[PDB]
Amino acid sequence: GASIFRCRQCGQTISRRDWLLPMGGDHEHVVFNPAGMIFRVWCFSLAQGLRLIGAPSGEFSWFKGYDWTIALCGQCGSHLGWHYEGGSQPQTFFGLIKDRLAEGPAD
Ligand SMILES: O=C1CC[C@H](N2C(=O)c3ccccc3C2=O)C(=O)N1
Ligand SMILES: [Zn+2]
C-alpha cells in the first residue's frame, strides 16, 4: 500500500518508495522558501511524469552545489517540487513536496 507516489491532484504516476534518496542522511528535509512557505520535501533519485520548466538556478537552493528547475505534474500542471542538477553524488535528484503526492499500491 505504500509503494507508488502519484500526483495528489490528478493521479499521474510520479515516483516510488524504492526511489527515495537519503540526502544529508534523511530523505525528508523541512525547508522554507523566500515567500515564507514551509515544505516537507522528500528526496528521490528518480521520478517520471513531470514536466521540468525554466532555467536551472542556484539561487536560494536548499542543497549545496545544486541548481534547481521547477517540476510540474506533466498531466495537470500542479507544482510537485523541483529537479536538482549540477552537483555530485548524486549529480541530480528530485525534491518533491510530500503533501502534493498521494502514496499507495500498484493496482
Ligand atoms: O531549492 C530551492 C528550490 C526553489 C525554491 N524557491 C521557491 O519555492 C521560491 C518562490 C519564490 C521565489 C523564489 C523561490 C525559490 O528559490 C527555494 O527557495 N529553494
Ligand atoms: Zn497532476
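Positions are given from 1 along the sequence. Each ligand, and each atom within it, is numbered from 1 in the order the structure gives.
The molecule at ligand 1, chosen from AR-42, S-thalidomide, 9-aminoacridine, ARM210, is S-thalidomide.
What binds S-thalidomide most in this entry is, by the naming of the PDB entry, cereblon isoform 4. The contact residues of S-thalidomide, taking heavy atoms under 4.0 Å, are given as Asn33, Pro34, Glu59, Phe60, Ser61, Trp62, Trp68, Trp82, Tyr84. Polar contact check, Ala35 against S-thalidomide: no nitrogen or oxygen pair lies under 3.5 Å apart. Atoms of S-thalidomide lying under 4.0 Å from at least one heavy atom of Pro34, given by number and element, are 9 (C), 13 (C), 14 (C), 15 (C), 18 (O). When hydrogens are left out, the protein atom nearest atom 6 (N) of S-thalidomide is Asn33 CB, 4.0 Å; that is the closest non-hydrogen contact. The closest protein non-hydrogen atom to atom 19 (N) of S-thalidomide is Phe60 O, 2.8 Å. The closest protein non-hydrogen atom to atom 16 (O) of S-thalidomide is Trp68 CZ2, 3.2 Å.
Of the protein's heavy atoms, at least one falls inside 4.0 Å of atom 14 (C) of S-thalidomide. The ligand atoms of S-thalidomide that sit less than 4.0 angstrom from a heavy atom of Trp82 are 3 (C), 4 (C), 8 (O). Ranking the protein heavy atoms by distance from atom 1 (O) of S-thalidomide puts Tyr84 OH, 2.8 Å first. Covalent partner of S-thalidomide: none modeled.
For atom 5 (C) of S-thalidomide, the nearest protein heavy atom (residue, atom name, distance) is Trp62 CH2, 3.8 Å.
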S-thalidomide N/O to protein N/O, distances under 3.5 Å:
| unit_1 | atom_1 | unit_2 | atom_2 | d |
| --- | --- | --- | --- | --- |
| S-thalidomide | 1 (O) | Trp62 | N | 3.0 |
| S-thalidomide | 1 (O) | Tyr84 | OH | 2.8 |
| S-thalidomide | 8 (O) | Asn33 | ND2 | 2.9 |
| S-thalidomide | 19 (N) | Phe60 | O | 2.8 |

